[PDB]
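Drug on board: saquinavir.
Residue numbering for chain A follows the PDB entry; the residues present correspond to positions 1-99, 1001-1099, in that order. Values reported hereafter were calculated over all heavy atoms of this structure, with side chains retained and with hydrogens, waters and symmetry mates removed. Whatever order the structure lists ligands and atoms in, that order sets their numbers, starting from 1. Structure determined by X-ray crystallography, 2.5 Å.
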Amino acid sequence: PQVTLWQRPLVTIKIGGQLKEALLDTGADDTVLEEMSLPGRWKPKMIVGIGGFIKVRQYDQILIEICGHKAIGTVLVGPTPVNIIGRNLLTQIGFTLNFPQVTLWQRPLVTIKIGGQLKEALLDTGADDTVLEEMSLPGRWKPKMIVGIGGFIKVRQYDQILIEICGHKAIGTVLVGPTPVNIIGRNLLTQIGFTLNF
Ligand SMILES: CC(C)(C)NC(=O)[C@@H]1C[C@@H]2CCCC[C@@H]2CN1C[C@@H](O)[C@H](Cc1ccccc1)NC(=O)[C@H](CC(N)=O)NC(=O)c1ccc2ccccc2n1
């Protein structure tokens, strides 16, 4: 039941009698889905992430069947370009992040070394790119723009940047911006042999 990050980690979920594809996002606390038909009463919670914010309707004790494994918990519903399975449900259906093994009961944080500085970063199977907080980074970049849930943010795209994550090396592309969390995305994650399990 191993899954690599070379491609986006998508799974089939049965929720509300219907079928959707979703992303397994070790970088999200919460599970959020596109605008779909779910019965019951909800809570007007607001969710936050890069690019800004978005409002969603909170449901509790909703049943969801991910890759044919049942789980019950809080699903959230609002405008998301992607269906996302966050950590609340991953923990339950038993998902582990291996590379020895990181559980999702807490946020998967590692300490990385980049540009001679030490930082704490989030292991995010839900991100295709690696985005770091604003820091001093020598070299040359190009002015790429990127998007999350609450909108979009401008960031500097340095390439060939070297990083030591939890005691392994990887050279690759890093982005630097106004993000509140350091994100280790799937591009560097693939180079250090992280995988998902059941
Ligand atoms: C990094 C980048 C390349 C931009 N990709 C992404 O950001 C993609 C974009 C995708 C398409 C749109 C829908 C979201 C998905 C998943 N995201 C990654 C995805 O992993 C994103 C990573 C992240 C973490 C923390 C803060 C910001 C952003 N997580 C999230 O958006 C989830 C939403 C949720 N769980 O309710 N955010 C959080 O879990 C979360 C946790 C702590 C926080 C503290 C302060 C402020 C915000 C905080 N947000």
task: Identify the main binding partner of saquinavir (ligand 1) here and report its name as listed in the PDB entry.
output: Protease
- prompt: Just distances here: any N/O of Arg1008 and N/O of saquinavir (ligand 1) closer than 3.5 Å?
  reply: no
- request: Select one of side chain, backbone, both or neither to describe which atoms of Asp25 lie under 4.0 Å from any atom of saquinavir (ligand 1), heavy atoms only.
  value: side chain
task: Identify the protein heavy atom lying closest to atom 12 (C) of saquinavir (ligand 1), giving its residue, its atom name and the separation to 0.1 Å.
output: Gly1049 O, 3.1 Å
message: Is atom 45 (C) of saquinavir (ligand 1) touching the protein, meaning some protein heavy atom lies under 4.0 Å away?
response: no
task: Check saquinavir (ligand 1) against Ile1047 and write out every atom of the ligand that is under 4.0 Å from a heavy-atom position of the residue.
output: 3 (C), 4 (C)
task: Look at saquinavir (ligand 1) and say whether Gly1086 reaches it with a heavy atom at a distance under 4.0 Å.
output: no
- request: From the options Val48, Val1082, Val82, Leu1024, select the one whose nearest heavy atom is closest to atom 47 (C) of saquinavir (ligand 1).
  value: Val48
query: Is there at least one pair of N or O atoms, one from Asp1030 and one from saquinavir (ligand 1), spaced under 3.5 Å apart?
result: no
- request: Can you pull out the closest protein heavy atom to atom 31 (O) of saquinavir (ligand 1)? Residue, atom name and distance to 0.1 Å, please.
  value: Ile1050 CD1, 3.0 Å
query: Tell me, which protein residue and heavy-atom name are nearest atom 15 (C) of saquinavir (ligand 1), and how many Å apart are they?
result: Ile84 CD1, 4.1 Å
- request: Pull out every atom of saquinavir (ligand 1) sitting under 4.0 Å from any heavy atom of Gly1027, numbered as shown with elements.
  value: 8 (C), 16 (C), 17 (N), 18 (C)
message: Counting non-hydrogen protein atoms only, what is the nearest one to atom 39 (O) of saquinavir (ligand 1)? Give residue, atom name and distance.
response: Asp29 N, 3.0 Å
- prompt: What residue and atom, counting heavy atoms only, is the protein's closest point to atom 1 (C) of saquinavir (ligand 1), and at what distance?
  reply: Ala1028 CB, 3.6 Å
field: saquinavir (ligand 1) binding site (4.0 Å, heavy atoms)
entry: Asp25, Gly27, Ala28, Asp29, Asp30, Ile47, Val48, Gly49, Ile50, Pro81, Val82, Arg1008, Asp1025, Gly1027, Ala1028, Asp1030, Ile1047, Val1048, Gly1049, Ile1050, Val1082
